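A structure with fosmidomycin.
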Protein chains: 2
Amino acid sequence: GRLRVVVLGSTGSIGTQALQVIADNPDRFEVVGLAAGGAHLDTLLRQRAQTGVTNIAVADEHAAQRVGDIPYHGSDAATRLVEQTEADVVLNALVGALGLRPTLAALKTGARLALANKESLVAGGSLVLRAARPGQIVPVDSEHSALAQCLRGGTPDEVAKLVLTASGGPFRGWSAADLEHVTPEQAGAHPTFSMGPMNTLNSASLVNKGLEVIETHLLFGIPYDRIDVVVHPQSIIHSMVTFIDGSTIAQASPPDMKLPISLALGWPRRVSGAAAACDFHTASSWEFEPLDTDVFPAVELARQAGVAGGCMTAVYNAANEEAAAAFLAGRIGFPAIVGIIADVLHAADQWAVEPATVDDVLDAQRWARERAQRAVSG
Amino acid sequence: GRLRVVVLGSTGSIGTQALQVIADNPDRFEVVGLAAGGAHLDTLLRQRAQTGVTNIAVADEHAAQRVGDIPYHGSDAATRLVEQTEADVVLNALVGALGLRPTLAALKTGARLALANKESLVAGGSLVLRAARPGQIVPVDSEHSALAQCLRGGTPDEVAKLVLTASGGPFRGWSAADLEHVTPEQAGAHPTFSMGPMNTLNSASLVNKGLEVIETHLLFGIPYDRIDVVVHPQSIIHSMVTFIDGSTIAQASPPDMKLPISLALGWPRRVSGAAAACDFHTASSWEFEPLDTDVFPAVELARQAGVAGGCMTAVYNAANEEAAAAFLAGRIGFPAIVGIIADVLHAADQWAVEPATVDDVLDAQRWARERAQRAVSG
Ligand SMILES: NC(=O)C1=CN([C@@H]2O[C@H](COP(=O)(O)OP(=O)(O)OC[C@H]3O[C@@H](n4cnc5c(N)ncnc54)[C@H](OP(=O)(O)O)[C@@H]3O)[C@@H](O)[C@H]2O)C=CC1
Ligand SMILES: NC(=O)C1=CN([C@@H]2O[C@H](COP(=O)(O)OP(=O)(O)OC[C@H]3O[C@@H](n4cnc5c(N)ncnc54)[C@H](OP(=O)(O)O)[C@@H]3O)[C@@H](O)[C@H]2O)C=CC1
Ligand SMILES: O=CN(O)CCCP(=O)(O)O
Ligand SMILES: O=CN(O)CCCP(=O)(O)O
Ligand SMILES: [Mn+2]
Ligand SMILES: [Mn+2]
């Protein structure tokens, strides 16, 4: 029962943690493929040497040369890797909507898709769902892993509300005026998780939670009006489900993505010692507070995009990818990220149509990016 | 389609909450039987009138004559009622180990036993388990109801520990010194629940949590070494399960026994609108702290009685009923309640043998009561 696992984005925060889970559990797991972008050759070389896996994709040409003996190069290498490798699980830990084709290819192989790359589901919408069999997509994202666990506690019609926790990011409690003076350095410091740059910045702008609300609707089929967000600064409660009787079931643990990574990999069997459990022999406090939707409208914007449906969620995500890179590049101030997203959505009525093919998602994304790019430069 | 329900201990705290739950849900439940002691005839009268049930047991013979039209009176009336009534569920909401015979009778009818009367399971031990079919006993006690829901989150070999919450009672965090000057009136004030006198006193002394540890062992078959206790002042988290991967699943709601009552009657289907849900629109916090076993040894003493096994858990509870009545009557100080329990337990080596019949359990309890009564006199 040793599962062959393909790991996309092997060099990143999620990817390296997954490799560790796999290294610890050689009886449950075997890595049979790695994909990365090329920006961390050292990490990737170490990974090839350690796992002995030579079946590798690198996206960047110049870097793939520098490493030597890499089978797949270019923008399509991760997708090709997935298409050309027999596997039982594909862990998609890529960042960005560029994970979309690897996601679809992974589902087409019939393997389990252990999905960290939330943007590809957000972008793909129904296109991704229609490509998947029940149970084929298993969430790595911690809120959704928590939700899937909590949902074992009732029948689907017994669900009243899904409740996602948000750490609130480094700027929890700040005012709108305060946000004007945010720096990339300040935004790059998350209170509870160590992550790659994108999720870090998104958790600070709250665009991450917005993505996760959309991701929740897609995976679990609960309407947006029944998906709530509460701020919980400790990130110990990863999410929860309120049932129609007044009962709430919650999943909790010290923040550590190795737990939901482990569960996604071997779903539905749990993996012993994946992560530390809460220590109930020492005092602690789990705090809740509402989100300041006035100062952080990203989640509301995401519900708006999600309710409109179709390619609109792809537009929401693509606008953020442009506006967020712009902030990181010093081209806009921090508040302009969600400002631009709002601008782009409110002019995107033509995209509230369900996509027929990938190309429709790519069209909406290109439109969204061009629109955000103009707002940036102007 | 309606479930026929016998309610033992109908006039008390759990009993009246259950009647209200049943009245609010006539398409699901009907009362077909009531048992009480005879101390509250106005309530009993009111319940007869409101439910339309004359199938009633009253323990006190003179009381039965006063209220009139009672078919079963005497100390065996509750048992005979259960033996002579067709039902789907017997809700045992009696208090004390006197609930033992009705409990054993309920199991023998084949009905589901919705159990609030934890003493009868603690006292009966393996005698009660021998009489039950798998899944026949369904917990009303809130921690065990919580545990049952939380256990849906895994397969049996995936459980690492069950964690019971305790409010800590009115004397949470008090020193041994502070406890010496405790009065009945002060012990009568619970921080989070409103209850009958016995469960009120036991939650102040932490004997209640002790009983619930034993209750946990018996209901779920988890070893004592994997049943932990944590103090949680809000009583919002009702208990939790930690799994081998580090994940904890918890069940939460504002304190209200109507929730576990409703779930026990309708198991496994949830009852819409049974109780209020946690509201996360207003700020709040959930705290956890350890219990100081130097000041409150009741839990460790229970775990010790449980491991010794047999009639020892009967001894533990019987010694408590005796010492607790003494405290309520002003014959001993508050610390001597658990003090006397520990002493009776240390003298009780002869009872670490499993009961063959109910009479063995009865014998152990007489001894334990006499032994405690001796301690009170000095
Ligand atoms: N704790 C976390 O980190 C969490 C992450 N997630 C989600 O998981 C996903 C991964 O996030 P995270 O690990 O933080 O991101 P990182 O930036 O740490 O990792 C990105 C990975 O993708 C590779 N990559 C980047 N661009 C490309 C490309 N064009 N083609 C192929 N590979 C590429 C990178 O390789 P290289 O840098 O070597 O070029 C790296 O291996 C994201 O979608 C994120 O939102 C969700 C919840 C928590
Ligand atoms: N929230 C709560 O109250 C909780 C309660 N429990 C448990 O549920 C059980 C009931 O508790 P609670 O409702 O507080 O108890 P109460 O003292 O409020 O009620 C006791 C009930 O039993 C009846 N009774 C007493 N003696 C006898 C007898 N000899 N024969 C027949 N009936 C008798 C009483 O009738 P009468 O009117 O004559 O006195 C009354 O209806 C206990 O085991 C308790 O530990 C557990 C968790 C929470
Ligand atoms: O699953 C975990 N994460 O998404 C990390 C970020 C948590 P946040 O968005 O609540 O700050
Ligand atoms: O299930 C509810 N109870 O047992 C009420 C007592 C709670 P406590 O023993 O933790 O104070
Ligand atoms: Mn997440
Ligand atoms: Mn209880």
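By convention here, the chains are lettered A, B, ... following the listed order of sequence lines. Since chain A takes its numbers from the PDB entry, the residues it shows come out as 11-388. Chain B uses the PDB entry numbers throughout; the residues present, in order, are 11-388. Order of listing sets the numbers, starting from 1, for every ligand and every atom in it. Below, all heavy atoms of this structure are taken into account, side chains as well, without hydrogens, waters or symmetry copies.
In this structure, every copy of fosmidomycin sits at ligands 3 and 4.
Within 4.5 Å of fosmidomycin (ligand 4), most heavy-atom pairs belong to the chain that the PDB entry identifies as 1-deoxy-D-xylulose 5-phosphate reductoisomerase. For fosmidomycin (ligand 4), the other chains with a heavy atom below 4.0 Å are labelled B.
The heavy atom nearest to atom 9 (O) of fosmidomycin (ligand 4), considering only B:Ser177, B:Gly179, B:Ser213, B:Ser23, is found in B:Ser213. The atoms of fosmidomycin (ligand 4) that sit less than 4.0 Å from any heavy atom of B:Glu222 are 4 (O). The closest approach between a heavy atom of B:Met205 and any atom of fosmidomycin (ligand 4) is below 4.0 Å.
With ligand atoms numbered from 1 in the order given, fosmidomycin (ligand 4) contributes 1 (O), 2 (C), 4 (O) to contacts under 4.0 Å with heavy atoms of B:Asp151.
Residue-ligand proximity, B:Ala176 to fosmidomycin (ligand 4), at heavy-atom distances under 4.0 Å covers atoms 10 (O).
Annotation for fosmidomycin (ligand 4): atoms under 4.0 Å from non-hydrogen atoms of B:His200 are 8 (P), 11 (O).
Look at B:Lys128 and you'll find a heavy atom under 4.0 Å from some atom of fosmidomycin (ligand 4). Binding site of fosmidomycin (ligand 4) at 4.0 Å (heavy atoms): B:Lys128, B:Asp151, B:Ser152, B:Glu153, B:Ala176, B:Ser177, B:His200, B:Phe203, B:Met205, B:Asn209, B:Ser213, B:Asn218, B:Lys219, B:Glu222, B:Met267.
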